[PDB]
Every structure is written in structure tokens, then in C-alpha cells.
Enquirer: 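Quick one: this structure, given as C-alpha cells, is what I'll be asking you about.
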Protein chains: 2
Amino acid sequence: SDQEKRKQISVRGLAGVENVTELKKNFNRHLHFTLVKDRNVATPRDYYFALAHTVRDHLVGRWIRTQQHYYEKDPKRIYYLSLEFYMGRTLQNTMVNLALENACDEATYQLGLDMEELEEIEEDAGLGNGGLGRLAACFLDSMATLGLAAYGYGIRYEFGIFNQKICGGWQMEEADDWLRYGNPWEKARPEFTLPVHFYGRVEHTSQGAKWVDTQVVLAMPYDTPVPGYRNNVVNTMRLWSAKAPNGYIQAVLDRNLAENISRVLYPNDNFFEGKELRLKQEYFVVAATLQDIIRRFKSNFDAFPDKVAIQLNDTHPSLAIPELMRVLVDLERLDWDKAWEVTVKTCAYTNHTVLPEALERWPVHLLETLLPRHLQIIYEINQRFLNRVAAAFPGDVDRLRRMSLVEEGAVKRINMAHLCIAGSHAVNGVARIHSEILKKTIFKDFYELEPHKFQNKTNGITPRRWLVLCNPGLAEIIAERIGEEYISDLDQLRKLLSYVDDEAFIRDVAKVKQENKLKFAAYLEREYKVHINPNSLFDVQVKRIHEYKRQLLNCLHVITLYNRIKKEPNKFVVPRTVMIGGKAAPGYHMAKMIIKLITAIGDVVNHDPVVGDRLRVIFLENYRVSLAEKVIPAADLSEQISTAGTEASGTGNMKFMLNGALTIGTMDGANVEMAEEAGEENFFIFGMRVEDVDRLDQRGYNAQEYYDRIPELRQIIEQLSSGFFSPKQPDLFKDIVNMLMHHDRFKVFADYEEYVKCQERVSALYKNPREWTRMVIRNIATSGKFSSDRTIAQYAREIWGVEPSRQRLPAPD
Amino acid sequence: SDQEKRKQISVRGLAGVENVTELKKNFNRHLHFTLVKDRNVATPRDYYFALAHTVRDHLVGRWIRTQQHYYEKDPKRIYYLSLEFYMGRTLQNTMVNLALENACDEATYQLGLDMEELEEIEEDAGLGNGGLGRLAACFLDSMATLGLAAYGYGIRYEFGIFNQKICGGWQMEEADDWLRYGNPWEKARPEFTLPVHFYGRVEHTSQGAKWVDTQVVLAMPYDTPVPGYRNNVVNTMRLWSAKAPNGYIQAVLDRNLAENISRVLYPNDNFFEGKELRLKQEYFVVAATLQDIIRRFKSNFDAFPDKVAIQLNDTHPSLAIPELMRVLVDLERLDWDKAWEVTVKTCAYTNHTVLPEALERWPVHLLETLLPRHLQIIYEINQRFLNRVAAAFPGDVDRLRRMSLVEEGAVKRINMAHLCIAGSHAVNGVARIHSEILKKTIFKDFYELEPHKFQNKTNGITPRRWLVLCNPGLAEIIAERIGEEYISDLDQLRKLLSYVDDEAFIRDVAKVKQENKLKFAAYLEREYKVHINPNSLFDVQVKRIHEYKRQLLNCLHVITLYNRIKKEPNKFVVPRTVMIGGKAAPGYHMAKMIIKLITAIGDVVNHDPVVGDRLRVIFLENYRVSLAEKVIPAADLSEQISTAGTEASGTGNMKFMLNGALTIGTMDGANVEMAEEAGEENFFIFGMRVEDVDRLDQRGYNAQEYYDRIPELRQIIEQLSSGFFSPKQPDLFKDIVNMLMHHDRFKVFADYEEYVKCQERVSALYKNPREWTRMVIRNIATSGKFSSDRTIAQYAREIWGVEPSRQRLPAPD
Ligand SMILES: CN1CC[C@H](c2c(O)cc(O)c3c(=O)cc(-c4ccccc4Cl)oc23)[C@H](O)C1
Ligand SMILES: CN1CC[C@H](c2c(O)cc(O)c3c(=O)cc(-c4ccccc4Cl)oc23)[C@H](O)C1
Ligand SMILES: *Cc1c(COP(=O)(O)O)cnc(C)c1O
Ligand SMILES: *Cc1c(COP(=O)(O)O)cnc(C)c1O
Ligand SMILES: OC[C@H]1O[C@H](O)[C@H](O)[C@@H](O)[C@@H]1O
Ligand SMILES: OC[C@H]1O[C@H](O)[C@H](O)[C@@H](O)[C@@H]1O
Ligand SMILES: *[PH-](=O)([O-])[O-]
Ligand SMILES: *[PH-](=O)([O-])[O-]
């Protein structure tokens, strides 16, 4: 008896075979016994939670079977360390991946409820800034769908990326209290809390180095399940929360200082801010993550790289290299050389930008007092690494200074990217053009030393959330000709090329875009009382505000469209609704000025009676994942106009392509590969290429030359300077004008002419609905290469050494 | 259809008819779907949580039916405002009150688990300091058992009363992270959050006063169910949590300043510390509580007192009087006189102490800047109140100065007790002697003005937790002769007097005490590796450390016992294990010195070979509700030796009586009434009475007179002064000695002789087990008057105007 009796404790049978009667039963139970409510006081929100909990049961049932399966099989495990995971909404995603959607729709319907109304109660889990954070989220969805034993590790921020409010045309920041009503998907794990150390000092006893006199901060994990598509695999995303360890009153209040580490996500995108709190956050997630990994590995180290793969999402968790060394040498007492071997073979680094001001260079004075032992370990790694460089290039002292992990100057700094390259067995770019730039520019030296380390892994988006979820209409007209296999094998959309001349398909593609455009216009009016003509070309640019992303270039074109209608008021032009959305880092002046200019322009354009509904400029407030799932499926033209060579890859570009929009962009990042897949004849490429940018830099960029040679451009600048877009404050945009004229690192003027002319070609094709639609079909049909399933499959095979699999596990019962 | 379909959403059927098969089914479900665990990684803690959640379902089912019942019936509602609620453990209490104990025991047993091991995983919810907080908790249990529509309102402190650690014989404080693993009984209610205002100013517009420019702090309620005994009534305890309202990073971090209000419970017992954070806490709970009340009342004000009763647990929530006035006058715009009428008729005040240093007197300068409008309203109430006094006693200006709510001096202060008396329709003491003292001393003036307002409501404890729960053995031997009716009608224990000469009952009473003593000794050894002789008289004094509670007097007796054994080493003495436990307010020097003396004494006594097991002094570390439920049932002698007139009532005294221990105490608080109920011949009363204390104060207390006249006392003092109990630091107790000799406000020396002689009488009776046991039976049988059911019944009938009821509601299904 005894222990044998506990065998009754089994997931054996769960909340149901996945059908209406049982779903309704559990919905009722959760509404009363979980939310402590009844049908008389229950609000739609209470009803959304009851459905979320009901659906979560089915998820957990598989979550448990999956982890049990991993413990038994013991596959090599993959850990994706990221300081960001932009997850978005979970209810619908879960229902879709688990095939619960239809049954849940019926169950709620029978209970006198509307599921879509319920689904809309859920807001985003915005623990990310944008591209980097959302890539991680797409990766999590893909690894689960590919049957990989992967874990996402990050920080559980109390407040994610701020909510953007537009006041008087300016961005205002409001904390994103995403946990106000709780989070039904996560599961706190206090029983697994681990300690993280800070400050202290290092003493060298007779048997090694000891990091003593430190301050401790606990890391409590919160687990979130990530369901693969219909394979019954549910992986985990473990996020750490900071806790203080365990006069009198003030001492208890001061416990807040330690828990401040996981309070808020730094709202910077592609920019480095050397703040100690940020450094604490990076080591916080790293220290706790590696403990959890080595522990999970234990329940000697020669086989560590065979069972463990740690992927560094940018340099943010780079401290993982000296930490893993610290643990192996100082605690496990492995000899240095063996520890290092294990370390390099375990880690791999992914770079996401080439812009200098985004790269992390921590002052050593900050590292010596906060993580003394790590600074020591880093110097040693540096000395040994440089010794190898010296050996491979005798006499090349200059190369030694260039590759050193240490930068000299008034302020000594540690170049975290160099650290990542040294301690990683693989370094990879996120787009072919980006990966090549890394090999001939910023990382040329390292590439020359270890060519074998450098790879490329072109980004991708998950077709689940970014097609099946956000664009059900498109997903169904597609499914009715080629089936549903494409959903987890996107390269099958290639079959659609067989319908480029099919009248029924052309009709359906255009009708779905129009329904989406119609639906989006009804959403804008509803929540923001904003009107937009649905029978106009939806010109959309949504991404974070950046000088490099050149929202300003888009602004110049808008005013050019406006001026042209004022010059020839009665001439016909294809109606346009230009939409620009995105947030600016709070401290990014130019970015905030750019947002004001956009609204300022809309203020003039939108109220000019002569213009009417021929042109409308709208700034989409609070752009986020949930909004992207809304506006992107209703887009016609996708703006991807970053200066050639500045956008590592981009993913928004991919979202638009899969959703029926045509692209106008530069030969930058993945734009290059999307054009290659669809054919340049089906794309709208324009402007300078990387070479043209470089040549201009050699001779020198003089924006005045373009000003003096382009009349329409002169007029626009004169309007901005004049106070034409700010009558009550004539010099309001003086900062934007001077930047463009004398300090524009992104050459907006240099691409203006080719940009406007290319925009003319867009309107031309739009005037011909049938041809426009047909070109779109050629795009949608060639977007398969950009499925995150493809990207993860490569990481798995070329970096992690694990074979992807679509094998499905049996349902819980 | 439609709305009619939602009728399917019902509590109709719940987790089970209250039997094994279904209990096991839900235990399994919760273990996997709620805790996300499986039988392979599940720890006893995970198993305790699975059982707690399983049991909670049955509680919630009734919780929902009860509130639905109240909305339909619309009875007058009773709100018990307290800054403290010392609840303790909930699992067993719930199982008992719901009659789930046996079935749950069997279900767990069948699943290969031990419920008692599981129950011991649960720790206290120590949101209280001691007596006052635990009285509220007993009151909550009783109101539910008496079928009253009552709500407990307080603050949800992140950290309750600190955990006490003894290091080097001294008390060390450690934050009580009671929420580390979560709380399965509460239910957060973010959807019911309310705003609380602070600071600001008052401007007087043409239509009234306006409190503007304030700072806002949100109050989010967390509901906890309180089950009555087998009547299917589950009331609510709603506790408020502080939340901040909704550069950039620092602004988000600073949100901690607002949430600090509900961070920690001030650890002071019977002492006032005029800290702004404390004042914020008092208004925090008051402001949010009254909003919730008026709101619940709305879903004109002449009938407010007919549907609402607000009971002020001490002066802590006294701001409820000016707040209710503020709301009625400033917001509801009622004329002053009508508002006041409604206010007095709604509120009632309970006083818990006569000691001056416990009474709240807030400096006006603190009130004007923090709650300006309330200071204004208070002055107006004062002027109008004094005008009435002036009218009732013309020319008595001195009485005006004495009764004023405002105290003049260098530092102007508001006497909160006077405020409570003025704005309450009833004021009550917590014990007959206490209530009389209030009428002839500190509140004589007010009593003279409004004799009708003053009442008495003798405290009481709940027989559920304090007998059926903590002492199952006693509860069963009692149940086998008179049944179980006494459980909710304690006056039935009177029937036991019929067994004072029954050999079987005498045998059983003594055997149960011995089993408890045996069990307690096994608990002490287990967790604290402390040994105690179970065949010795268990002399126990557990309560907070206070000079007034005179733990020191007990210390003098212990050393007297020690010295006597050293004087006549071979003379026989009844073996004793003296136990003293309790916490000292962190800043209470004397109290901390008293704790050290106790351990210091144990250090000498416990290691003296000549003494051996004839005497053992033990300091019970971290005394709390859960420990009280352990040590009290194993006690033989209950120490209640406060100076006559200082202990308002006491409740520990009541706990011991109901559990089979004899009492040695002064004629103080409820000790007076317990002796009256059992008969002084069955009690051990000693020392000065209130009159004797007062006479000594008239002529003057000279401790040297007792020192010079009592040889044994001189010896003890000489030992303390000598360094006999602190050889490494001879003058360590100089503070205790000097206090006793020259500044002892509690006259420990004055009661020493009568105390020791009375202790001689105790040992005498113990030498005769049969007679001791028989006296105990006379105590247990006369403890019925001290059931909190009796106390709540009186409040209900004499103050709240609601009739108590034992009518049971139908089970959820
Ligand atoms: C000279 N000065 C200009 C502004 C810049 C700066 C700030 O002062 C504050 C910020 O929040 C940002 C930001 O988010 C992104 C970028 C950035 C990033 C990549 C390429 C070019 C730029 Cl300008 O720059 C920022 C920094 O102080 C250097
Ligand atoms: C003169 N001085 C003595 C100590 C006293 C004091 C403190 O400085 C600090 C404290 O934490 C307490 C406490 O908890 C209880 C009592 C108290 C309560 C009732 C009766 C008698 C006393 Cl001494 O007094 C405290 C205050 O400063 C006045
Ligand atoms: C996909 C996504 C991004 C990335 O957009 P890019 O144009 O590649 O920079 C940014 N923000 C959100 C909300 C996204 O969904
Ligand atoms: C009942 C109780 C008290 C009250 O004890 P008194 O001796 O009346 O002061 C204090 N603390 C705890 C833990 C209690 O259970
Ligand atoms: O790789 C994910 C993303 O990282 C950064 O946001 C880059 O700016 C972007 O080009 C890339 O797509
Ligand atoms: O009324 C509850 C308790 O309040 C205070 O703690 C008093 O010290 C005590 O005598 C009383 O029993
Ligand atoms: P069960 O033991 O989980 O199937
Ligand atoms: P049901 O409508 O709760 O019984």
C-alpha cells in the first residue's frame, strides 16, 4: 500500500475530451470556484477569465505530459536567454494551437455569451520593446511546434513597455500595469527561488577564489506554458521576479530596493544606456538562469555542451559567459582550460544591430564594484584571447587593440560583443545582408581569426499568430485551395502561385483585404473616434520611432502629396490613408519631435477642405503586438524605408508580406531576401544600396546639395521652418530641420527623389485593382521562407545540434 | 434565449456532496491543474495546498450562497473596523466548521497521504499584535456562527507581526513573509479598487467645502471567507492593499512610496507611536471602508443607521467619524446636524486599555497637512460638543478643558478617544471591572454628560478554535457525556459540574492533560531540541512582554524557587517547568531586557546539577496563535499576574480555563469574572486589588520598603546586581534592578510576598492529583460565559440592534 496509493494521483483524466458539454461544465466551475462570482455580478471581464481558466486546464494537462516526456527522454535542452519576450495576447493563440476554438465558441454561445467580445478583454503581455522581444516570442512558438526541449528565460517585469498616450500631439508615457487584474497563464514557483549575489569582493584562499561579503537578491521563477501547433507539446517560458532575502519598520520598507530589479523594462530600442539598474537586471536573469540550468543538468562536465545549449539574445545576457566560467572554476573547481572549453561549446551569440549606440560597453569601474569576480574573469578571458590573436597575427599590435574586450580611454569599458564572440562557438546575424556586414565591418577581425564561428540565421515570424490568428479570412481562403498543411510548413504557400490567374482567388484575396480594411476603420472610429476612408490605399508604417527607420522620409512624402494636391486641386490622385505608429524611447528627443511632426502634419492635412478624403494622415497611438494584429492585416502598402545597412533584418516587413500588402522599401535587412523570394518585379525597391551609402560617406554627405537641387524639397523645408505646421509656435520644428540639413546620419534627403518616384509607381499599380491583387498573390505565395519555423530549424541544426520534429505527443488522457 | 441561457451559470452543483470519492477527485484535479505538479515532484507542501484548495471549493460554494442570501434579505449590516485581525491557520478550522474533517482524513489517507502532516505545513496569518487582533478574529468566527451579516475590514499587510528569533538569549526580529508561497483562502478583487486621498488643501466655494490638490493612493480589496459553525454561513473579511495610481524609470520605481502604506504591521501592543505612516494606514482603511459601505448601502440617508453599524476596534479607525461626516456633508451635501445624527447612530467605540501611553493623540500639525479637511471637521465637532458640555455644566470651564477633543500645550494634539466618545452612540469596555474604571476615571466626565452611552461587553474566545480545534482530546471526552451542543452554546459545559465526583471523568480529564503535556514535550524537542519533564507542573505565562503584565514578577518567583532548592537541596518540591513566551515591541528596551533575563535565568537554573529536573525555566520562542493552540492545551497553571487595573480584560486567561489549567492571578480585567464564575475557592487570586494600588499611589510607592523587609527579595536583587545571572557582564541587568527599586509603575515588589505564598498553595494542590483534577473540572465547567458567542450576542442586541441567529442556510446544492 502506502506509496503505491499515490499512483491514483495522475493527470489521467482532465477537464475533458475537448468538447462543448465538458467545456461548459468547467466554465461554470471556474466562474464560481475560481473567480468567486455568480451570473448576477459577473462582468464580461469575469467571463473572459472563466474561459481563460477553462482553456488553461487543457494547456496544463499537456504542459505536464510534455515535461514528463522530457525527463524520460532526456534530450539536449535549449535555453534561450533574452531580456525581452514580447508575447502579446494568449487566449486565442492557445485555443488555435490546441484546436479548442470551435468548441469554445459553441460552449460560450450556448451559455449566452460572445467569445469574441470576451477575447477582446485581454491585453498584451508587453515585456519587450519591439523587434528583438517579438522575435523571441515567435521563436518560443516555433520551438514548441518543432518539438524541441526549449526554455525561454527572462525577467518578469512588473511594468512592461509603457503605454503611449498622445496629448496635444505629443507622446505621453503611462506605466503599463499589465498585472492589475492578474495573469491566468503564469504559475508562480516560490519553491524554486534562487539567490543572486551583488557587490562584495574577492579573496584568494589556498584553494581558489572566493566571492564574499556580497548582498543577496532572490530570484523567484514564474512559469508560462507555450503551446506548439497541434502537436500537444507545451514548452516553458520561465521569468524571474526579484525578492529581498529574509529601525525595524524602515528595514522592512527598504526591502523594496532589492525588488526594484524586476520593476520595469528599460523602454529603449536599439540604444544602450549604461544604467547600473540595467546591469543588475542582466546579471539577475543570468545568475539565476545558469543555476537553474546546471541544477536541471545535475538532476562530470565534459557532457555539459551535449545536453545544454545557451543562446544569447544579443549582448544583454552576455554575463552568462563569465558566470558559467565562475561557476565551473570557482564552485565546481574545474581547471580553467576545461571550463572554457565547456563554456564556448555551450554558448552562441546572436547580433541584432550594427549601430554603435546600441552596443553595450559597460564601464569597468561599474563592473569592479558590482561584479568584481566577473571583471577578473573577463580580464583573464581577454588576456588568453588576445594571446591567441597575437599568435595568429604576430606583430599586429593594432589588431590587438581593436579586438580587445577592454576599450581604453578616460573611461575604461568592456565591449560585451567582443566578450560574446570570444566565449561563443557560433555568432550569427539575423539577415543575409546583416550577417555579411558583420563579417566585413565591425566583426571583420574576429571573422578573420575564427571564420568558422560566423553564421547567418534570417529572422522569421510565426504563421500561427501572424496569419491564422490575426487574419482568419485570409487563412481560410488560402486553406480552401491548398489545405491547412501550410500552417506548419509555410513553404507550401508556394502552391498559391498556381492561382495567380484564377479569377475566384483574385476576387477572394481582394475581398478579404477589403473586409479587413473595413473592420479596421470600424475599430479606429470605435475606440479613438477616428475616421478613415476604407476605399483608399492604406499606407502603413508601424515600428518604433527611429531616425534610422526614417519615419521622417515618410513625412516628407506625405507633405509632398499634400503640396501636389494644393498645386493642382482638381487633378486626380489615388486616395490614401497614411498610417504611422510606434513609440519613442522616453529620452529620445528627435523621436518625440518626429511624433509631434506626424500629428502636426495630420492637423493640417486632415482639415483642409480642398484635400478632403483624398489624403489622410493618421498617427496610430500605442502601437503594440495586439494593434499589429489589427492594422497589418488591413494594410495595402508596407513601409520599410530604413537607410540601407541600418536595419539588421526587420520582422514587421515579414508580417505585412504574409498578410497581403505590397512593400515599398530599401535594400536593407531582410527586405533584400523578401524581394529575392517574390522577385523584384513584384516589389517596390528604391534608394541607395549599402555601397551607395558608403561612397557618399567617403566623399561626404552634404544635404544642402539636395536642398538646392530639389525644388519640392526646398518648399517642404521652408514650410517646416516657416511655422506652416506649427502656426502658434513657428520655430517648433527647428530641431528637425537643422538635423536634416546639417547632421543627418541617415541621409533622408539622399533617398527623397527615388522615394517619391517609387511612391508614384505604387499609386499607378493600385489604380489597377486586378493587377495589384495579382502582385499581392505573388508576394503572399513567396513568404514561406520567412516562417520562424524555418529559422528555428536552422538554429537547431546548425547551432544547437538538435533535430527538429513534428512528431506529436499523445493527448493527456 | 440569450440572457435566459446564462441561467445555466449556477453554483447549482459543486465539488461534491461532502464525501471521500469526490474529495479525492478534486484533490487530484487541484494538484495538477491548480498547482501544475504531478505525484513525482509533489512535496508535502504541494499536497497541503491541493487539500486546502479542495476544501476551499466547499467554502466558496457557501460563500456565494450566503452573500446572495444577504442581498435578497437585505439585513442591517455590521462592519467591524480593525487595524488588526490575528487569524492564525485556516485549513483545520474550515474543515471543522464545515464538518469535512473526517472525509478529508479518509480521502488523503486513501491517496497515501497523512493529513496531520499536511495541516502542519500551514503557518499563521499574523496580521495582529496579540489580544486586540485575536479578539477581532474570534469575533469574526462568532458573528458567522450567529448568522449576522457582518464584515471584517482591515489592512492586508505584506508583513504581519515579526517572527521572533532568540540569539544569544536576546530577541531578534525577522520579517514575517507570510505570503511567500501565496494564500489560497483570499481572493483579490482589483475590480473593486477605490481611491484614497492624502494631503491637498481645502477651498470654500459658493456651494460648500472642497478637498482639492490631493495625492491619491488606491485601495484594492482582498476577500477572505469566514465560516460559521455548521450553519453554512460564510461571511467576509475584506482587507485593503495599497497601490499607486496610474525620469520615467524613477517615476515607475517611486510607485513604491504609495504601496508602503500596507507594507508592514506596526509591532506595538498597547503603545502609541505617532508615526505618519501609521496615521496614513488608519485613514487608508477608513476612507476605503466607508466608500465600500455607502456604495453597498446605495446598491435618503435617514435610514443609514438602520442598515449600517460601524464598530470601531479601539481608536485606530476613529477617523471614520470625521470621514463619514466629510462624505455626508461635503459630497452628499447633507446639513451638518442631520449628518451628525446619522454618524453617531451608525458608530460605536470599544476601548481596550486604560494606560496613557497606548492612547492615540495625533499632533494637529500632522493632521492639518495630511488630512486638512478632517482637522477642520474635527474642530467643528469639538466646538459643537463643548457647547453642549458648557450647556450641561455652566461655568465649569475646567471640565471644558478636560473633555475637549483638542489638547493644548507646546504640541497641540487631538485626543482620538474623546473623538470616538463624541461621535459614537455607544462606548464599551471589554470586562466589567474595566468598564467601571472607564466610568469613574479617564471617561468620568463623558459618562456624567451621557451616562446612556457607556456599556460593557466582556471579551470572549471562540470555543471552535480554542477547544474543538486545539484540544480534540478534551473536546471528545466532554462530548461523550454532554454531547456536541456545547460547541455553539458553551454555557452547556455547566453540565460537567455533575461529573465532579465521577471517577471516569476525573480519570479522563487528567489523562487528556497528560497526553497534551506529553505531546507538547515532543514538539519542543522536535523543532527546538528543547527537553522538558512531562511529569512536572507546567507553569505557563504566554502573552506579549510588558512591564504591566509583570513577567518580571514571575521571574522573581522562579529565582525564589531556585534559591529555595539551593538552600535545602534535599527537600522535596513539586517539579515545575516554568514557561514564559511572548514578543517585545522592537523599540521597547525594558521588554527586551526582560526577555534576556528570562533566558539568562534559564541558563543558570537549567544547568545546575543539584536542581536537576525539579525546576526548568524555558522561554518559548516566537509565541503566536499557532503556538498558543499548542502550549495552552498542555498547561496546568495559567499566569495572569498583571497589576490590578492595568489589563482591560485579557483573553489568554480564558483560553487556559477552557483547556484544563488552573489560574493564579490578580483581580484584574476578566480574571475577576472568571473567578466569579468558577468560585474563588477554585481559583488562585492574590495581590493588591484596584483599591490597594490606588491607596499606595496616594501615599507613594517606595519599593525600598519591601526590599528592606523581605530577605528573600533582597537576595534576588543582590544576585541580579551581582552579575550572578550574567557573570561575563556583571552589570547587564542594572536597568531592570534600578527600575524595580526606583521607578516601577507596576509595583512588582508590592505583590511579591502574596504571589510566592499563593504559588506555594498551587504546588500544595498539585501534590494531590485527584483534587487538582477536580478543581480543574469546576473551572472548565464554568468557562461558558467566556465564549465569544456570548459577547457577540450582546453587541448584537445592545449595540447593533440585530438579532443573533442559529438558523442554518441550505448547503450550496
Ligand atoms: C548625440 N546624442 C544624440 C541622442 C542620443 C539618444 C538619447 O540621448 C536618448 C535616447 O533615448 C536615444 C535612443 O533611444 C536612440 C538613439 C539612437 C539609436 C541608434 C542610432 C541613432 C540614435 Cl540617435 O539615441 C538616443 C545620445 O545621447 C547621443
Ligand atoms: C519614558 N519612556 C519609556 C519607554 C516608552 C516606550 C518606548 O520608547 C518604545 C516602545 O516600543 C514602548 C512599548 O512598546 C510600550 C510601552 C509601555 C506601554 C504601556 C505601559 C508602559 C509602557 Cl513603558 O512603552 C514603550 C516611552 O518612550 C516612554
Ligand atoms: C513585429 C513587431 C515589431 C518589429 O517591427 P520592425 O518593422 O521589424 O522594426 C515591432 N513592434 C511590434 C509591436 C511588432 O509586432
Ligand atoms: C489570545 C492571545 C493573546 C492574548 O493574551 P493575553 O494574555 O490576554 O494578553 C496574545 N497573543 C496570542 C498569540 C493569543 O492567541
Ligand atoms: O532580430 C530582431 C530585431 O532586432 C532589432 O530590433 C533590429 O532593429 C531588427 O532589425 C531585428 O529584426
Ligand atoms: O480586548 C482585547 C485586548 O486588548 C488589549 O490587548 C488589552 O491589553 C487586553 O486586555 C484585551 O483583552
Ligand atoms: P497518470 O499516472 O499521470 O497517468
Ligand atoms: P444556481 O442558479 O446558482 O442555483
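The alphabet sets the chain names here, A first, running in the order the sequence lines are given. Per the PDB entry, chain A residues shown: 5-250, 261-313, 325-838, in order. Residue numbering for chain B follows the PDB entry; the residues present correspond to positions 5-250, 261-313, 325-838, in that order. Only this structure's heavy atoms are used, side chains among them; waters, hydrogens and symmetry mates stay out. Atoms within each ligand, like the ligands themselves, are counted from 1 in listed order.
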Enquirer: At ligand 2 in this PDB structure, which drug or drug candidate is present?
Expert: flavopiridol
Enquirer: If you rank chains by contacts with flavopiridol (ligand 2), which one has the most, by name in UniProt?
Expert: Glycogen phosphorylase, muscle form
Enquirer: Which other chains get a heavy atom nearer than 4.0 Å to flavopiridol (ligand 2)?
Expert: B
Enquirer: Find all atoms of flavopiridol (ligand 2) within a distance of less than 4.0 Å from any non-hydrogen atom belonging to B/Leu380, and give their numbers and elements.
Expert: 19 (C), 20 (C)
Enquirer: To the nearest 0.1 Å, how far is atom 8 (O) of flavopiridol (ligand 2) from its closest protein heavy atom, and which atom is that?
Expert: B/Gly612 O, 3.9 Å
Enquirer: Could you check whether atom 1 (C) of flavopiridol (ligand 2) has a protein contact, counting only heavy atoms that fall below 4.0 angstrom?
Expert: no
Enquirer: Tell me which protein heavy atom sits closest to atom 23 (Cl) of flavopiridol (ligand 2), plus the residue, atom name and distance to 0.1 Å.
Expert: B/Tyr613 OH, 3.4 Å
Enquirer: Does B/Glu572 approach flavopiridol (ligand 2) within less than 4.0 angstrom via side chain, backbone, both or neither, non-hydrogen atoms only?
Expert: side chain
Enquirer: For atom 5 (C) of flavopiridol (ligand 2), find the nearest protein heavy atom and state the residue, atom name and distance (0.1 Å precision).
Expert: B/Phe285 CE1, 4.3 Å
Enquirer: So which heavy atom in the protein is nearest atom 20 (C) of flavopiridol (ligand 2), and how far is it from that ligand atom?
Expert: B/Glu382 OE2, 3.1 Å
Enquirer: Counting from 1, what flavopiridol (ligand 2) atoms have a heavy atom of B/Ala610 closer than 4.0 Å?
Expert: 11 (O), 14 (O)
Enquirer: Is there at least one protein heavy-atom neighbour under 4.0 Å from atom 28 (C) of flavopiridol (ligand 2)?
Expert: no
Enquirer: Taking 4.0 Å as the limit for heavy-atom contacts, which would you say applies to B/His614 with flavopiridol (ligand 2): side chain only, backbone only, both, or neither?
Expert: neither
Enquirer: Which residue holds the protein heavy atom closest to atom 18 (C) of flavopiridol (ligand 2), what is that atom called, and what is the gap in Å?
Expert: B/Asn284 O, 3.4 Å
Enquirer: Identify the binding-site residues of flavopiridol (ligand 2) using a heavy-atom cut-off of 4.0 Å.
Expert: B/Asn284, B/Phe285, B/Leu380, B/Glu382, B/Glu572, B/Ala610, B/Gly612, B/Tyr613, B/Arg770, B/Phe771
Enquirer: Could you list, one pair per line, each nitrogen or oxygen of flavopiridol (ligand 2) together with any protein nitrogen or oxygen closer than 3.5 Å, giving atom names and the distance rounded to 0.1 Å?
Expert:
residue: flavopiridol (ligand 2); atom: 11 (O); partner: B/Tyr613; partner atom: N; Å: 3.3

